[PDB]
Enquirer: 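Once you've had a glance at the structure underneath, I'll fire off some questions.
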Amino acid sequence: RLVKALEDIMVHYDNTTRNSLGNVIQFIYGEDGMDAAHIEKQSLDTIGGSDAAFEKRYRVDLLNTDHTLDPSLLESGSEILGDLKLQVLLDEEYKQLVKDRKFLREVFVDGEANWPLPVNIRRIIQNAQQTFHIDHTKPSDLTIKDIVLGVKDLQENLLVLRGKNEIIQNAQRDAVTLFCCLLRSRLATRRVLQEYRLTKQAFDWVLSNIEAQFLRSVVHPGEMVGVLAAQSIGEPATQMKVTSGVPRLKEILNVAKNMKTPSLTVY
Amino acid sequence: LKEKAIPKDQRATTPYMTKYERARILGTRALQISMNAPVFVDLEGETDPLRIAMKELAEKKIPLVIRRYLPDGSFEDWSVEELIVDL
Amino acid sequence: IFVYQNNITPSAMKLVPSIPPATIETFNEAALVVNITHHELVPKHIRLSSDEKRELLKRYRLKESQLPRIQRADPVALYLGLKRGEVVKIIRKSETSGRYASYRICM
Amino acid sequence: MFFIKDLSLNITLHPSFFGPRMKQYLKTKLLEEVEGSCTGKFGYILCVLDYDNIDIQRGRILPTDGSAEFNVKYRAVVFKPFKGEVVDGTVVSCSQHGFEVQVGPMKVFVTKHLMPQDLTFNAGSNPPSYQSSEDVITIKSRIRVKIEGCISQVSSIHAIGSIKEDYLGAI
Amino acid sequence: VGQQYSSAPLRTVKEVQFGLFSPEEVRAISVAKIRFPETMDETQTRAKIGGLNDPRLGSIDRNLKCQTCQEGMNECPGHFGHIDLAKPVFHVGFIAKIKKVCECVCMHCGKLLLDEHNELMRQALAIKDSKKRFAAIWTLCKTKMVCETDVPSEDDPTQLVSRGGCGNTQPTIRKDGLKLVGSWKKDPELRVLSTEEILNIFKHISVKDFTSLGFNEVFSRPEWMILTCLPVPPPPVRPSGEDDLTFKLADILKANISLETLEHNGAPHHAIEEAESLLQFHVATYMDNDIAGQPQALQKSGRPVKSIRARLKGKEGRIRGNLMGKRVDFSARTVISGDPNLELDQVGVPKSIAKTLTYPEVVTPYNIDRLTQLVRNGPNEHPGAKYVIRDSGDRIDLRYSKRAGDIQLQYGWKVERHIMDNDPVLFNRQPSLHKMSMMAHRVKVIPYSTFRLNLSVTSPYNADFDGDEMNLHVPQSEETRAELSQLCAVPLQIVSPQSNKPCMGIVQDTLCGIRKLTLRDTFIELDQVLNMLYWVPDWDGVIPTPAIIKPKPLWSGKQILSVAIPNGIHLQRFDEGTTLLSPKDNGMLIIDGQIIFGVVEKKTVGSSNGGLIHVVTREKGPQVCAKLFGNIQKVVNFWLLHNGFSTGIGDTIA
Amino acid sequence: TXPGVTXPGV
Amino acid sequence: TXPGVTXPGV
Amino acid sequence: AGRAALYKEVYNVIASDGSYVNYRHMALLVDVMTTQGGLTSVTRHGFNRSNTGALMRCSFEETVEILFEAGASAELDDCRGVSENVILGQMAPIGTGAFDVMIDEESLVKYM
Amino acid sequence: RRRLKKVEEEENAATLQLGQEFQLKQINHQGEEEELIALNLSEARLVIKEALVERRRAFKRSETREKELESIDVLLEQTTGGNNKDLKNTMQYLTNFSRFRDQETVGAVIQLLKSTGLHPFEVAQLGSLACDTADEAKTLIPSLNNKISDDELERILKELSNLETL
Amino acid sequence: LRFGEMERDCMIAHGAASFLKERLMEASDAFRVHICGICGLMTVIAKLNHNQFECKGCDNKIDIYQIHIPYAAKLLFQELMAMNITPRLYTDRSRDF
DNA sequence: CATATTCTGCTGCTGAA
RNA sequence: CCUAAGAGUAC
DNA sequence: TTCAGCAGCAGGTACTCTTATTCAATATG
Ligand SMILES: [Mg+2]
Ligand SMILES: [Zn+2]
Ligand SMILES: [Zn+2]
Ligand SMILES: [Zn+2]
């Protein structure tokens with residue numbers, strides 16, 4: 001029954017999910033436009049932890065001493081202190097991180113940090129570390145402006161929708177906002193310069209691989225997602241106070257006016 | 001049909017080739033090679049039509065264009081030359 | 001908007017539809033005690049303008065009937081005073097992408 | 001009468017024919033297939049205009065077949081006889097029932113019932129001719145004829161004419 | 001031989017337009033008029049002219065061509081006949097609809113009861129979809145029992161505007177079996193609404209009226225719901241022991257002849273009505289034998305008659321049993337056994353199955369030679385060829401052809417030859433609940449009567465080896481073969497969209513061994529190390545430096561298993577209580593393809609998210625992941641073979 | 001329903 | 001109604 | 001809110017035995033069930049009554065009645081669904097069939 | 001639409017019911033609409049000559065009645081091959097019944113008939129048939145009846161007869 | 001072997017449309033039938049040896065097409081026609097998507 | 001003497017107080 | 001050859 | 001300001017094998 005119901009659902013070339021009549025079921029597949037096979041569980045580092053831990057992990061102050069960065073971290077470590085434009089860049093990066101923290105806490109109420117996202121940033125960082133032989137002792141060649149602008153450009157390059165109008169652009173920004181939050185959480189200036197210690201070419205390689213992997217993870221138009229969903233629901237059901245399992249699935253799919261255990265939850 | 005055809009300068013589809021597009025391109029090219037179509041790439045001795053088509057796709061010598069259909073009937077013509085094969 | 005205590009007599013319901021463009025909407029007090037739109041299961045509903053509806057149908061190449069439907073008896077549709085043919089943008093906090101924007105047409 | 005009209009033909013090409021001269025093969029197969037043809041929808045098709053760049057379009061591969069289906073669009077000159085239309089012609093044959101006059105690529109059979117009583121058949125003359133007191137209509141004789149009946153035969157269109165109207169007959 | 005060449009243009013169906021036959025359309029398309037219930041003439045050797053098996057409808061014998069199209073049974077689609085019914089009868093499937101339509105339209109003047117002057121009729125007629133329009137029009141007009149020759153004015157209900165009404169009272173209509181009975185409100189009179197008067201009132205419905213009722217002017221007019229000419233399907237529809245439909249059509253003709261003779265010779269209305277009811281019952285049971293309440297029309301042998309509706313519906317019906325799911329050729333089915341020595345994407349195919357299933361390879365200059373050799377081999381040995389498809393449509397069978405001499409292959413011909421190694425084949429276990437239960441494997445011809453598959457691929461198939469049977473399908477074209485290899489391939493299905501995690505993993509013995517091999521106690525001496533290194537097909541040829549060099553060179557199991565792990569893989573999983581040092585040897589740390597620490601078990605090499613399988617397939621590719629499956633299986637199976645594992649009663653004793 | 005799961009109705 | 005879908009009424 | 005509750009119920013059913021299914025599959029299911037403005041069931045009375053083509057509607061259940069209604073109403077079947085092309089034995093516009101492959105004369109001449 | 005079976009008026013040139021596909025306006029291959037231009041015998045002859053000479057030039061890169069017949073035969077055999085009996089007969093018919101000679105006269109005639117603002121079929125019939133007087137032309141072509149005034153038709157036919165050459 | 005409904009659904013999920021078409025047509029039943037563009041019915045008399053195509057009733061001879069449908073589909077359409085339902089098969093779109 | 005016929009799962013009121 | 005029934009095989 | 005009259009029976013996916021039979025009884029050419 002499920003497969004017959006969902007058989008005509010397909011992802012079309014405008015990334016919309018439509019049936020045989022052309023009716024839109026989802027304006028983008030899975031509300032993110034990503035293939036399920038390219039999704040892995042990753043930790044969003046901004047939603048969890050404490051405020052002090054968050055500031056220690058992310059905040060960088062070029063003009064004060066409480067949250068400054070060690071000048072040995074980067075090559076221009078003694079000349080960037082006292083700079084103002086770079087301080088503006090750090091301020092906006094941290095403001096964006098705070099906004100991302102608030103947004104993630106608004107999305108996931110339980111504060112769960114491990115959620116399925118397409119591109120595994122951790123493995124890309126590890127691959128760069130093993131490929132370029134980061135010695136963890138030489139000061140980083142990167143400039144902070146390079147890091148911030150590269151992150152912004154990489155976000156601009158993560159295209160799910162290619163349209164050139166306000167509706168498609170806004171939908172594109174909506175479809176990548178969670179992955180963009182993950183990218184900013186991982187590729188932060190303090191984290192890059194301290195925890196990972198990227199070089200210039202290592203950072204550029206990380207950016208390029210993130211872009212390539214994100215573009216590779218996009219759902220392919222023509223995917224018969226309706227049958228995939230129906231089978232992905234039916235097969236675990238075959239593997240199988242309140243009724244559960246096959247009878248409850250029957251009561252859900254067959255929208256039954258009367259069910260065995262009608263329960264209500266009050267907070 | 002002029003209204004159906006979206007102009008090339010404002011195609012809104014991905015510049016990458018889908019897995020279904022690649023599979024159909026390889027199948028069509030192999031079926032053409034099996035039926036004595038001219039080969040546009042120099043063979044290194046391979047006799048399988050499928051791997052001949054794979055070699056043709058690797059260096060972009062497949063003279064086919066994908067007509068991708070939008071749900072309203074409009075279509076976009078993407079040449080195999082300009083389609084990026086990342087997978 | 002008419003707010004009543006218990007019920008409206010059927011002899012008064014029939015004259016609720018007045019001369020256009022005046023639309024009379026009747027609401028029961030018991031149903032208005034709890035604001036449905038504050039439930040975390042209820043996402044954000046924003047009524048789209050005629051220009052916005054035209055732009056949405058143009059950019060997505062959609063017809064009148066190819067959009068997802070919202071009944072003209074849905075509690076949110078009554079809350080926002082939807083009339084038929086008007087499209088509501090639905091902002092949803094999705095767990096795959098942080099923001100999702102759907103659209104539902106009134107029927 | 002003569003017109004020029006927009007026509008489209010569907011041509012299927014085998015996979016073996018997709019060499020650099022695909023355009024030339026398509027154009028040559030358009031010829032010999034529609035050139036000098038007859039159909040009830042458009043009458044006679046005599047020649048194709050604007051041969052320099054005939055719109056061949058892309059060409060769609062038939063799935064599971066490999067043959068490409070082209071929708072070639074072109075300008076074609078058409079000679080469609082119409083009911084009750086006057087056209088000039090050259091008489092090529094005469095018989096008891098009527099006479100056959102050559103109009104363009106077609107032969108129009110004008111019956112003996114559709115002539116004035118003064119014009120009468122004469123099989124004694126060699127060749128037989130529709131002779132009158134004032135003139136004689138022989139082989140290779142000009143005549144203006146109003147076509148009033150056409151029967152659609154795909155192999156060769158047939159028409160029936162008349163010269164009863166005023167100033168209809170030999171010029 | 002298939003079907004010979006036809007000059008008609010080849011197109012695909014773009015739109016299917018449904019509708020009803022007009023009686024004149026049936027009379028126009030019918031190639032013969034059926035008048036005799038007997039299917040065979042008095043000689044009992046020929047099809048009777050005018051009978052139900054008229055040769056103009058199609059040939060019932062292979063030896064004869066169809067009298068209409070002059071084609072064989074293979075080509076002839078069958079041409080319809082028509083039976084001219086003496087009196088109109090109700091189409092059973094439309095009776096309810098008829099009951100609705102006649103309840104929406106005045107039974108005397110044939111006009112819709114509530115015109116646009118009714119306020120609710122503007123709302124009802126404005127509905128777009130025809131079904132909803134008809135539902136609204138019916139549920140509002142069924143309660144009106146007067147034609148309303150005069151109606152209150154739309155501007156104000158003071159003056160009266162006169163439409164074309166007749167003022168008669170509409171009857172309340174019920175169905176009593178296959179007939180409609182109308183009760184007129186007493187000024188109640190009960191009488192049967194004759195099909196003739198219903199057809200007359202349906203033919204008088206205006207175009208606007210019935211197009212507002214959901215009908216179409218061209219494709220379905222309401223009066224076409226009444227049967228006056230029955231289309232007789234050709235013998236292809238009812239092949240022969242006569243078919244049930246043939247007996248039903250014979251009964252229909254018998255009833256039609258009886259009614260015709262009774263009407264012509266003059267008879268009481270009782271006998272005429274009885275014959276009419278018999279004809280209606282026969283027609284209805286011919287179209288639908290499962291009418292509720294009425295007794296089923298029994299076949300000659302005392303069993304229910306299979307109607308057209310019974311043929312279409314059900315699991316074994318036309319749609320579900322022959323179109324949505326049909327029996328296909330080039331398929332095999334046999335028992336499955338496990339093979340640790342096969343690749344993940346490799347399936348063992350019995351030699352006999354490979355000899356029966358065949359693939360058509362197009363003769364090409366690149367493969368003219370090898371195909372020729374297969375043609376020389378014949379069908380009785382493997383590898384070989386079973387058929388040669390000539391470009392003229394003739395098919396040379398390799399059996400009974402060695403007498404004729406050697407066959408010269410020409411470009412464009414086809415060699416239908418035994419499936420060989422590395423042939424992409426679809427492989428299935430049914431019920432096949434998901435797409436991973438139907439995957440593309442590569443053929444490996446084996447000399448035993450069972451399908452052999454990797455142990456890791458049994459998990460998506462939900463397959464055991466206690467008698468399970470599995471199915472094998474072979475593509476018969478290059479496009480299907482290519483998309484089978486590039487879309488449905490087993491390595492591509494390693495990570496499933498079902499749970500964004502691998503569906504295949506190390507299972508059963510290979511799992512147990514991989515736990516025993518990766519223990520800290522497990523030390524492997526030089527000879528077994530060399531054997532295990534050689535057992536890895538892609539081993540680079542360098543012997544790893546032993547974990548212990550003196551006083552005796554010993555390799556650990558982790559060191560040997562790290563050879564199978566591809567270079568460049570980093571995995572770090574922290575289990576319960578594990579530290580950077582692993583006192584319990586739990587968790588997992590692999591750096592650059594070397595197992596730094598951790599006992600390898602279900603959490604590492606199983607079908608789990610973030611495990612070795614997932615990391616390898618997301619870093620190096622599905623082919624590398626399948627090769628990892630093979631390498632790990634080979635090394636662990638060899639070690640477990642030379643180490644041993646058991647279980648007994650003492651293992652259950654405390 | 002059906003049967004099973006007449007109609008409704010009949 | 002009917003029955004089904006007495007009357008109404010009776 | 002009904003769609004969100006339906007997804008939560010389906011997810012509870014799936015995760016009752018510890019199994020995990022990606023969000024998009026159940027999201028598609030609950031979006032299909034709620035795309036008509038109300039809760040549409042996976043039953044003969046639900047998805048099989050939407051005007052989505054007589055040939056694919058009849059393939060589920062109530063075949064002959066669906067065909068009769070289509071004949072009476074003179075429905076047009078655009079053959080966009082998978083079942084229509086399966087019944088007609090032609091390539092459905094799914095997967096590899098969601099597009100058309102065409103030959104370019106100019107590109108083929110450009111190669112040689 | 002898609003009306004099964006066809007009911008339509010019988011074709012009649014006098015009634016100007018040329019056909020469902022011979023209507024006044026036709027969609028060109030560029031996608032826009034153009035008036036159905038109807039070729040008179042001389043204009044059609046020039047069009048055929050231009051098409052054939054252009055085809056001959058493309059294949060190369062890739063007057064009295066007898067000499068014209070020989071020339072058209074040679075050019076026809078050079079341009080096209082077989083199955084041209086219909087085209088040969090049409091070409092000899094055109095060379096026989098030609099009312100205008102070259103580009104200048106046919107251009108003048110076509111612009112003059114365009115200035116008349118009459119139906120393209122009617123102006124093509126005017127150019128096709130070489131009449132003498134006004135009412136004689138009216139009775140030759142029944143589609144001309146009550147479409148233009150007698151004096152205007154007479155004067156335009158006088159200019160046509162003046163443009164009639166050889 | 002039965003290529004059932006849900007095996008077809010597995011192939012639909014794979015996206016292998018051409019393999020599904022080959023399974024349902026070439027392997028099982030591939031029937032070439034002649035129809036006309038006037039009425040989509042299969043009432044076209046096709047004398048292939050004589051190269052004659054004629055649909056009686058429509059009185060047409062030049063507007064005939066051929067389609068490849070399963071013989072089960074042809075039998076279904078013919079049974080529908082015997083059941084007073086017209087499955088008119090048209091090879092062109094009368095409506096925009 | 002051989003052949004024809006007699007267990008689960010849905011729906012629509014209005015009349016009379 | 002068809003139909004019906006029964007017995008089982010793997011889920 | 002408010003409520004009593006019913007009624008109709010199929011039912012997952014593939015696959016193997018066996019067994020009975022498909023009116024009897026009577027009238028008429
Ligand atoms: Mg088992
Ligand atoms: Zn036949
Ligand atoms: Zn009336
Ligand atoms: Zn027809």
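Letters A, B, ... are given to chains in the order of the sequence lines, protein chains preceding strands, and every chain is numbered from 1. Only part shown; contacts counted inside that part. Modified residues are listed as parent or X, with no contacts credited to their extra atoms. No hydrogens, no waters, no symmetry mates; every other heavy atom, side chains included, goes into these values.
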Enquirer: At chain F, which drug is present?
Expert: actinomycin D
Enquirer: If you rank chains by contacts with actinomycin D (chain F), which one has the most, by name in the PDB entry?
Expert: NTS(non-template strand)
Enquirer: Any idea which other chains have a non-hydrogen atom closer than 4.5 Å to actinomycin D (chain F)?
Expert: E, H, K, M
Enquirer: What name does the deposit give to DNA chain M?
Expert: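 The PDB gives the name TS(template strand).
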